[PDB]
Amino acid sequence: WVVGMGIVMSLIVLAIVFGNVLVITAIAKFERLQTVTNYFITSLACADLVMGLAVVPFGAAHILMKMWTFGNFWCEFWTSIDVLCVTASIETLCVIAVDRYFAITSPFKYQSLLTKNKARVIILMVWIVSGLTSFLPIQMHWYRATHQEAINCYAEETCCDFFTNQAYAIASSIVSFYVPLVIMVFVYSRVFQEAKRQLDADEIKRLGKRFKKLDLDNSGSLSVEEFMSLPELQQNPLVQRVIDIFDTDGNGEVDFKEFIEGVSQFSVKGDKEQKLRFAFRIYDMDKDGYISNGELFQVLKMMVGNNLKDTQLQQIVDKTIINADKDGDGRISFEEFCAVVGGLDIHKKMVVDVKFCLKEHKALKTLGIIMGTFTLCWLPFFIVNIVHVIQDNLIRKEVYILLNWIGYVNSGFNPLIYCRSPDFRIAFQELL
Amino acid sequence: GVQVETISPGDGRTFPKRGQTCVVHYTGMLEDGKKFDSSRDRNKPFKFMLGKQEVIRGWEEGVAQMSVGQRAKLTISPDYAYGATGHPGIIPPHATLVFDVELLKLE
Amino acid sequence: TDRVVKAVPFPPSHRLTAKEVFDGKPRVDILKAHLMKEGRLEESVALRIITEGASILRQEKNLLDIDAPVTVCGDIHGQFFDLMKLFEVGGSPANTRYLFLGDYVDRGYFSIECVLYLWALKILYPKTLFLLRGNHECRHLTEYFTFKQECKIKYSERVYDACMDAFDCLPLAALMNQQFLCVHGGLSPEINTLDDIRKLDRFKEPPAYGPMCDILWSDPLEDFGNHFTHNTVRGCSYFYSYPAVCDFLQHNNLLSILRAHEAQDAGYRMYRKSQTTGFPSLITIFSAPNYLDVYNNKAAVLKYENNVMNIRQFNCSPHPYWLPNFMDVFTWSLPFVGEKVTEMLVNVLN
Ligand SMILES: C=CC[C@@H]1/C=C(\C)C[C@H](C)C[C@H](OC)[C@H]2O[C@@](O)(C(=O)C(=O)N3CCCC[C@H]3C(=O)O[C@H](/C(C)=C/[C@@H]3CC[C@@H](O)[C@H](OC)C3)[C@H](C)[C@@H](O)CC1=O)[C@H](C)C[C@@H]2OC
Ligand SMILES: CC(C)NC[C@H](O)COc1cccc2[nH]c3ccccc3c12
């Protein structure tokens, strides 16, 4: 009934707004997430929030009231805003796909040539192209039809039924959801056919042989006992901690999916930031991003043993933390750490012979899920629109509207997928 | 290189072993006598075990030449010292070390 | 968590913005109770205190005039808590007057605090306490030793520069009762009479050699019983022998000369008794108990009252802990983090 439909619409729009606000805030000030891909993601998030705020309540009101009495020129504004939101959600995904394609072929070249300036430039360029393609065709009245009903609705201030001209419908479909769709699919297919080859470089095969040799139970996992099976490693003080950085999902053991991803952190191809972040993550005993007094005291107490008095160690730790607090919280962040350390030249001391870098293979799965879900949800609307525009004219006057709401739910889905990433979780927990 | 110049000898019936842990009180210095650290600033002796590489090699190959309860002097060359890089904070690059270690207890 | 062991008091984290430490005459008791807890002061307040001390010390004569009932104390070398115990032992500065002789800065982790407290009490008490220049108030020695790092870690280098420009004006002769002369080091053959130490320019960095470079660096003979013989211990000044001090005391009517270099287990030493009068002619005073935490020396402080010379012994007192060269534990432990992590990973991979 009307109550249920209104409740569904209200819940949908509220969830869209809340999730997108969370996603935007997580990259606003808690800037541990400082990747160009994250700027593209936040562009997409503000785009779909604009889409929500603009069209979703208005479409719900139009459906419920069985009449759209807001106005007549607002009809053109509403349709053009919807078109802009869909087109700017397409081309941003295409840009992300091509970005990730060039960020795998040549990692150093991608990190050197491309910066935030080019990111903002291309984001603005695609937004302007979408804005032109959305505003101009509507305002020149090329959607005019020879149907008498279309003529009547054009000279009427209540209907605001989107009527499409055949040429305009074909042009819009081929320039907004058919060319960029095939381009993004092709480019990401090429990524998965060269990002599944780098894992066959005859080096990761050797590490796989090493992994098989090291494991005892042959269960595919590495536990603390199995790292301590080596007789020449049982006397390392901070051995548990390196396992704890390796152990990402908290399952209790290390598997080959995270073994070789963490070992690649200590590579010559890596930068200063990754090794310095590992040095930082040695101290965090909760991975929450901050070093307290207890954490920085117990980390040093497992190392210095009983060579200093407990009171002396506590006192030097207190003085260090007070000399490190640049804001007054009482804990050290990574920026305060890099103010304290950095210049000691510690990036040159954590060195291993490995020659494989896998620091960009971490975000392909979420981006792939985003692209797949988005295409799957928004394809049926365009295919049924194409079916309708042809002289076939099947009886689908109702589902043609339900697929639009399917597309709206799709546009809302994104923060649900982004919440799966472990690094986004703790940033969300900061606000909670 | 390492040089051991005994000031006060001790009992020669016992010598430290590779698997033994020595507990000593030491007052390090530098080439010009500028004291940099000590084990009497804090009231706690310093313990270390031979074999493993946690102390500089000069200590490892010099304390072995000592005896039990003997206070002596060491002049650790830059070769067996912290090397060209040098420990940040205290020891400058290419710094000859001078030590006044005194063995107290074994294990 | 928040604090693994709660027995150790937390150092206060807020500096004082001249609101409380000044009433202008400053407040001493709160400054003592604030710096005794490893507190801190704002840069402007510290610069103001040091500048006022320098201004009030510049007007002082090279040769001070001090009346009879006095208390004489030796060098300190940065031991703040031992200085507070010394003030407690010798009585309040209100009811007695002091004559500080030796250096105050090098070879200690609480030098800036000691100099701040001494000079604040100098500002409050301008006539009942007299400071004297030592051998460790130069640019060369302090740059060599651990005072520059003290200023850099605790404050800005501007504090260091102001403190040096303030040491530049210290007096160096400090006659007492016109019967005793108190110089930080010892006599020099270049100096003939008291007038020689009444006119020389004391507002400059000491030179390589000269009167002022020899007064603060001289040293009596260390093996008496075996005039200008050179120094092997320091390498910058001379000796003086019993005939030399006897001639100096005969030329200018005096009785004894006091000094504060030789760190001594007993704390005080009376040199060769003057056969003419019966009182010792050279006195050595040290007032820094447990010097360098290894000497285990009981300090000494002298009192002159009712025409009586007496010596009071002085014990130690606990102090907090600091790392050598003021390393923060990140710089302390990071080279032992990288080595161990890389060792474990190279061990696992191969
Ligand atoms: C918090 C954990 C860190 C861990 C801290 C402790 C165990 C507390 C312990 C009292 C150390 C002292 O801390 C007050 C302090 O002792 C010195 O003052 C010192 O007199 C010294 O030279 N000693 C100490 C006595 C043995 C010889 C030598 C040493 O070999 O010391 C070793 C040393 C420096 C190894 C280097 C590391 C750098 C590499 O490049 C080099 O490889 C060639 C090998 C000791 C065993 C390290 O475990 C020191 C640490 O870093 C160093 C001047 C600096 C050192 O603090 C850093
Ligand atoms: C009935 C209207 C208000 N609903 C439009 C849909 O939100 C999505 O429609 C589109 C999105 C993006 C580009 C588009 N080009 C078109 C051409 C004809 C009809 C719809 C679209 C269209």
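Lettering follows sequence order; numbering is per chain, from 1. Each ligand, and each atom within it, is numbered from 1 in the order the structure gives. Determination method: electron microscopy, 3.5 Å. Keep in mind that the numbers below use all heavy atoms, side chains included, and drop hydrogens, waters and symmetry copies.
Measured by close contacts, the chief partner of ligand 1 is listed under the PDB entry as Peptidyl-prolyl cis-trans isomerase FKBP1A. Considering remikiren, tacrolimus, tipranavir, etoposide, muvalaplin, the drug or drug candidate at ligand 1 is tacrolimus. Drug identified at ligand 2: (S)-carazolol. Other chains, heavy atom under 4.0 Å from tacrolimus (ligand 1): A, B, C. The UniProt domain of chain B that supplies most contacts to tacrolimus (ligand 1) is PPIase FKBP-type. Less than 4.0 Å from tacrolimus (ligand 1) sit no other ligands or ions. The PDB record for this entry identifies chain C as Protein phosphatase 3 catalytic subunit alpha. Counting heavy atoms within 4.0 Å, the binding site of tacrolimus (ligand 1) comprises A:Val304, B:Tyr26, B:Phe36, B:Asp37, B:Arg42, B:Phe46, B:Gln53, B:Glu54, B:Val55, B:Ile56, B:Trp59, B:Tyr82, B:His87, B:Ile91, C:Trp332, C:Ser333, C:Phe336, C:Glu339.
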